[PDB]
Amino acid sequence: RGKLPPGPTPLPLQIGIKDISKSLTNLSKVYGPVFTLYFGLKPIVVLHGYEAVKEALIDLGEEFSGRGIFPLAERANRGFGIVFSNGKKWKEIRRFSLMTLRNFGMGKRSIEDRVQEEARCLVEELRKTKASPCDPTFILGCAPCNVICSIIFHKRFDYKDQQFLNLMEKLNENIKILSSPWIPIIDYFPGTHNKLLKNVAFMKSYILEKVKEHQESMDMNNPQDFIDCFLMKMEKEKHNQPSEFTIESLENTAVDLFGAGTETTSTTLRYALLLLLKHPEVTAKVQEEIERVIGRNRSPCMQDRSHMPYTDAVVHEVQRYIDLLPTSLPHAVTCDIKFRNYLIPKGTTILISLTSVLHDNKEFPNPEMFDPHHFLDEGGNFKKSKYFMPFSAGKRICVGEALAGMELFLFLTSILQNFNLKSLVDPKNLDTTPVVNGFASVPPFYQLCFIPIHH
Ligand code: HEM
Ligand SMILES: C[C@H](C(=O)O)c1ccc(-c2ccccc2)c(F)c1
């Protein structure tokens, strides 16, 4: 009936995602690019190497577009948003969300507009540290969060506003819980499964409040944010019950956007500054390029990227090098499907090795080294690659891809346009080793001084 790929016999201190990825790569050398692992009677089919990831996620896109159940089901019922939903519900909600994020049905103000404003605020906030040692963790967190608040409720907060601090506190808690290391089984239980449930309840409740206020002034000719756009969809979906668009669904999708769009961006920003401190020659050329293409008066805009190949290679290289989500989020096949000499049954969990693609040693010689030239051709031009999959690939590719690319490019250039980065430790001694984490490559702690730029 099914015939899964071969693998090690069943069941294969604190172990992180990077350790797991390393294990998966070692296993691919034994069993090949496609293999099965079992954790109990639970089989997980692993895809390793670009060719197998492409053939599955891209060439059989639909069949591999399902979401893998995960280490639990969340009776909070997370399955009504985008991240953990499946089927028809996922299909319509993901589509709606993609298009709204691409400026459709959200008013005339652009997404870039919002990101440029936050960029300006991020710079002002960084000026407030008065060039004294700073751990940028918090400030780099507020920026991405505020862009999602602006897109979802049409509101951005001061980084000192309690409401805003509360949302981030809850998000950080859930993220730290969901990404705890393993030791067989996850590692969290103490008093946690309930904090996850409660914090989510709190967040949904906070959003529902905003939803209630939007319903008061809802106007079919004036949506200006994600909530208006969603409420206008429900409107058009009435007389066609049961719709996938409901208040429960709007709040869960809103919660997904916050969770998926805050920490990933924030961690990549923090990792980028750390790689910039570590490689002062790279930073200097980014600053040179910023200086000659944009100058220091006007704010950076997305059109500048095509004229700044070194900086574009640097942003790509940060994402490629750090391998933020080594195994993406788990997938599942949507029906029984023949894949090479195998027969995978509907619902089988599929684990993708993004590390195996981002760190392919033939596409990116010396893949373990940080090097902007992994994205530069032999003439120094920007070189795009089919192996650049930090956002994954296929039908489940990060719905926030465009938004995240804008945040990384605009925030990084804004920061480098206004400040020189000064590391306390001598770069040569600066340790860039990732801290153990269950789902993500996270950078170690560091501080730096944001010194108003000078020459
Ligand atoms: C540097 C930043 C980011 C990176 C590297 C990143 C990466 C990813 C990856 C690897 C996935 C899993 C894809 C899969 O299942 O195969 C994903 C999912 C997703 N991301 Fe992002 N992401 C980032 C930021 C964003 C932003 C800014 C948003 C907000 C709009 C966002 C929203 C989501 C959502 C909602 C999902 C789930 C999509 C689905 O299941 O269909 N992400 N992201
Ligand atoms: C807050 C919410 C939750 O279910 O707890 C939630 C929402 C989205 C993410 C998420 C994180 C990184 C990539 C894709 C999704 C997440 F880790 C947590």
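In this chain, numbering begins with 1 at the start of the sequence shown. Keep in mind that the numbers below use all heavy atoms, side chains included, and drop hydrogens, waters and symmetry copies. Just so you know, ligand 1 is whichever comes first in the structure, and atom 1 is the first atom listed for that ligand.
Given flurbiprofen, anisindione, chlorpropamide, tiazofurin, lamotrigine, the compound at ligand 2 is identified as flurbiprofen. Going by UniProt, the chain with the most contacts to flurbiprofen here is Cytochrome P450 2C9.
For flurbiprofen, the residues with heavy atoms nearer than 4.0 Å are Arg78, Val83, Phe84, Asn174, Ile175, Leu178, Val200, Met203, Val255, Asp256, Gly259, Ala260, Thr264, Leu329.
Ligand-side atoms of flurbiprofen in range of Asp256: 7 (C), 8 (C), range being under 4.0 angstrom from any heavy atom. Close contacts between flurbiprofen and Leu329 involve ligand atoms 14 (C) [criterion: under 4.0 Å to a heavy atom]. Less than 4.0 Å from flurbiprofen, one finds the following other ligands and ions: ligand 1 (protoporphyrin IX containing FE). The protein heavy-atom contact nearest to atom 7 (C) of flurbiprofen is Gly259 CA, 3.6 Å.
In this entry, the organism cited as the source of chain A is Homo sapiens. Atoms of flurbiprofen lying under 4.0 Å from any heavy atom of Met203, numbered from 1 in the order shown and given with element: 1 (C). Which parts of flurbiprofen touch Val200 is read off a 4.0 Å heavy-atom cut-off, strictly below it: atoms 5 (O). At the shortest separation from atom 15 (C) of flurbiprofen among protein heavy atoms lies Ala260 CB, 3.5 Å. Distance from atom 16 (C) of flurbiprofen to its nearest protein heavy atom, with residue and atom name: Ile175 CD1, 4.0 Å.
The atoms of flurbiprofen that sit less than 4.0 Å from any heavy atom of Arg78 are 2 (C), 3 (C), 4 (O), 6 (C), 7 (C).
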